[PDB]
There are 2 protein chains.
Amino acid sequence: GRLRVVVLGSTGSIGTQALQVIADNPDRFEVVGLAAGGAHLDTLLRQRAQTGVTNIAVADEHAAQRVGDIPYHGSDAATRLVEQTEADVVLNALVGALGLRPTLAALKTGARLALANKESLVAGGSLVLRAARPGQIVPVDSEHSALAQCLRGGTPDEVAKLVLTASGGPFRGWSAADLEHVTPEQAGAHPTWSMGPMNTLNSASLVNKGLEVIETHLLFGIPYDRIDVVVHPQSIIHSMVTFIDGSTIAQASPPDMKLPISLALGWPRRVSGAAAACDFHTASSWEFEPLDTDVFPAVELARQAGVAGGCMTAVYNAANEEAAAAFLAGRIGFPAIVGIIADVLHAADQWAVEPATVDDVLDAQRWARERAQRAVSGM
Amino acid sequence: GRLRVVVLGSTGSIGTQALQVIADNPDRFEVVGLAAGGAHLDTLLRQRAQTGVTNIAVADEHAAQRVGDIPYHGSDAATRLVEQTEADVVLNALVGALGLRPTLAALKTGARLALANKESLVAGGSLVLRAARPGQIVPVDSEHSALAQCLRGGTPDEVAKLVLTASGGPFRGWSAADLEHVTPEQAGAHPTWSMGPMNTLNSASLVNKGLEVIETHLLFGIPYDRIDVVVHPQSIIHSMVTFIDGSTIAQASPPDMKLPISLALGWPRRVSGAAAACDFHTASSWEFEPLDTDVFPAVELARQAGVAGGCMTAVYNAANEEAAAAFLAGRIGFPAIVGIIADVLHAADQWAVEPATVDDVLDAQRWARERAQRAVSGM
Ligand SMILES: NC(=O)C1=CN([C@@H]2O[C@H](COP(=O)(O)OP(=O)(O)OC[C@H]3O[C@@H](n4cnc5c(N)ncnc54)[C@H](OP(=O)(O)O)[C@@H]3O)[C@@H](O)[C@H]2O)C=CC1
Ligand SMILES: NC(=O)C1=CN([C@@H]2O[C@H](COP(=O)(O)OP(=O)(O)OC[C@H]3O[C@@H](n4cnc5c(N)ncnc54)[C@H](OP(=O)(O)O)[C@@H]3O)[C@@H](O)[C@H]2O)C=CC1
Ligand SMILES: O=CN(O)CCCP(=O)(O)O
Ligand SMILES: [Mn+2]
Ligand SMILES: [Mn+2]
């Protein structure tokens, strides 16, 4: 039958790509809700006009003032839309802290949650896991989607290791000395129209990989010492699972987020024609190499944060946001991003307690931000 | 509740590796029958002593006499061993189309057929299929083991293509002129697998891969035009499945037949520690290139034979067996192997008829062997 889909973050990269998959597959999906921030209000309004969906939410009141016929506006607008809309699937493609409450609300409705919002898991952690039922959360990102597919190759008891691939970023194979003089531009901080500067930087710093390692633990219930990372420059193999017999199962496709998006939406059913497959008519190679964890310790730090548990991963992420921004403003050098994360985490043991509420997570993030600010400024 | 396993061809490459898996896993497996040709009595006698199994078949009458007290001897020994031994699994690791009757007898008992002896299924065609219940034939071949694992990545209707990898053999990259000079000693080399001299030859000539394409169609019911072959010199990726959404699922491990053996014996349950896993703590690459079908047409000829159906696959194999014997004896050049197969196949119009009995298959092979000898005489 047709799945009713709520798209949260309809004006961003994931959201718009999802809407294309849905437009291409009217047999499999129908949009029944759209939520956006308001920065791209004009796009949301064009989306209302194109899709015919009037069930929309805008967070920013100022932006909402420009329209006068938005059913959900102001803070918690997305959350209210989720609470009040009958749906089969909620795609949470919201950015940052504010994806958390809608994740919780969507889980309570009993819909499947196609999750892109990293903060829901990296920050929300045990709040989100205690609220979600088995199979309810389906990951949107390429590595997690790949692991979900590869896990089909055996029972849960047969898994030995999860292996995330990592592009390695622009500084793949760079020495510590090389990294000393990395500039914001080199770190891929261009005013690229769709993605924010943080995504390319997190990729370059290997912090994104650490975040993905944390999310892997929470999604698939695999201990951190069994979650590995290999550097794979082509990004054709999106991740792999190694089983107890020594067999490894791997997922491969030319880069294209429409594949994992389509699969998250239709899970467990694949969407015909979603993306192009690997073509073996011209010679190619898939290369693998280890990550030098002395030069790139962000993944080791993520495992430490993850193992400590509670709000420690919220701390890891919030420290990064602050240090990364400080790097982009020229307040610190590149190697000092992960240096500050380590300094903040080392000081953060009070946050190992499990959060009872969203406010607990926010307090952990507040603490981590100001602690990172002190480290940056020298105060 | 150990599985009771009869091991046909115990003294060969697959047989010995299989006994090693069983020896390491006495909780899961027990040997209850051994069959061999009689050429390696030292090995067989050691196997009798180490397993404690006296329920033994020896094909060669004189060799069986030399041992004394062999319960089954003569060319029907292996077949009669299968018929009269209660077992849960029959591992058929005989070589050549002579494994046909043991294969048919094994299926008739209701036991799982762990099939290394691809030739018996290639020769038997729909006759073997009609004797099998669904999933009764479980492949030991590394490619088909990989395919079975990767097919867990979706439903049947989601399968777009099956992709077999091929090492490309010792003469990968060689021109037709280069092949003219190939010696039996050069064809006895293999870059990635340690095997008997016949399977090694078949690998060098690509006839092995042709046999495996036919085996794929017969095992999995996928049409020949959706079975691709890609050359992968590392033999780390063992085969892949491409799904309708563009996703490809691949199986990978360092070349070690103990992996597919262990899984075939214990299907669906994996066998802990059966083989070493891919090691991502050191650099490596997985390379792919197209097969050069002009220089190596054996796979195309297999597709032709397979599409024709009936007893045509038996003809393909039998012609190879005769031609291969003549190459190893120094009577014909290396290119003549596949030239003879082409000559025989294209004279075989009458053998497209579906086999009703074993005798139909035997008739087809008898003709093919004579026709192959005619081709050899003409050179
Ligand atoms: N792009 C990718 O491939 C990857 C995605 N992810 C993560 O998935 C999430 C979504 O991906 P992406 O589309 O690129 O993120 P985007 O930044 O491109 O889009 C974010 C969406 O959230 C909306 N939004 C912002 N603030 C609010 C608010 N207060 N209430 C409701 N909605 C709000 C935005 O609306 P408006 O535009 O009007 O502000 C926008 O539609 C991201 O957080 C990203 O980190 C993870 C790995 C990689
Ligand atoms: N070797 C490998 O790695 C791989 C093999 N395979 C397949 O597995 C099958 C077995 O191959 P492999 O183990 O390499 O071959 P081998 O030649 O190593 O072994 C052949 C076995 O069959 C026995 N045998 C020979 N003739 C007869 C006969 N007339 N009656 C009864 N037994 C006989 C031999 O006994 P003896 O010599 O003692 O008389 C020996 O035990 C082949 O069909 C091959 O295609 C597939 C994947 C890879
Ligand atoms: O199952 C494994 N084999 O048959 C050995 C494959 C060697 P090849 O790809 O060169 O035919
Ligand atoms: Mn990713
Ligand atoms: Mn094989």
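Chain letters run A, B, ... following the sequence lines, proteins first and then strands; every chain starts at 1. In each ligand, atom 1 is the first atom listed, and ligand 1 is the first ligand listed.
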*Specify the drug or drug candidate modeled at ligand 3.*
fosmidomycin
*Which polymer chain has more close contacts with fosmidomycin than any other, using its name in UniProt?*
1-deoxy-D-xylulose 5-phosphate reductoisomerase
_Quick one: other chains with a heavy atom closer than 4.0 Å to fosmidomycin, which letters?_
B
*asked:* Mind looking up which residues in chain B UniProt says bind Mn(2+), and which of those have a heavy atom under 4.0 Å from fosmidomycin?
replied: B:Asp141, B:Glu143, B:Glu212
_Protein contact to atom 11 (O) of fosmidomycin [nearest heavy atom, distance to 0.1 Å]_ = B:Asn208 ND2, 2.7 Å
*Identity and distance of the protein heavy atom lying nearest atom 5 (C) of fosmidomycin*: B:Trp193 CD1, 3.6 Å
*How does B:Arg172 reach fosmidomycin, if at all, at less than 4.0 Å between non-hydrogen atoms: by side chain, backbone, both, or neither?*
neither
*Which residue supplies the protein heavy atom nearest to atom 4 (O) of fosmidomycin, what is that atom called, and how far is it?*
B:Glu212 OE2, 3.0 Å
*Nearest protein heavy-atom contact for atom 10 (O) of fosmidomycin: which residue, which atom, what distance?*
B:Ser167 OG, 2.4 Å
*Identify which UniProt-listed 1-deoxy-D-xylulose 5-phosphate-binding residues in chain B lie under 4.0 Å from fosmidomycin by heavy-atom distance.*
B:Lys118, B:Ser142, B:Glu143, B:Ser167, B:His190, B:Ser203, B:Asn208, B:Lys209, B:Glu212
*Does fosmidomycin have any atom sitting under 4.0 Å from a heavy atom of B:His238?*
no
*asked:* How far is atom 2 (C) of fosmidomycin from the closest protein heavy atom, and which atom is that?
replied: B:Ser142 OG, 3.3 Å
*asked:* Evaluate B:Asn199 for polar contact with fosmidomycin, using N/O atom pairs at a separation under 3.5 Å.
replied: no
*Using a non-hydrogen cut-off of 4.0 Å, what is the binding site of fosmidomycin?*
B:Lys118, B:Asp141, B:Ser142, B:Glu143, B:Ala166, B:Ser167, B:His190, B:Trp193, B:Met195, B:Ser203, B:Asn208, B:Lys209, B:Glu212, B:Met257
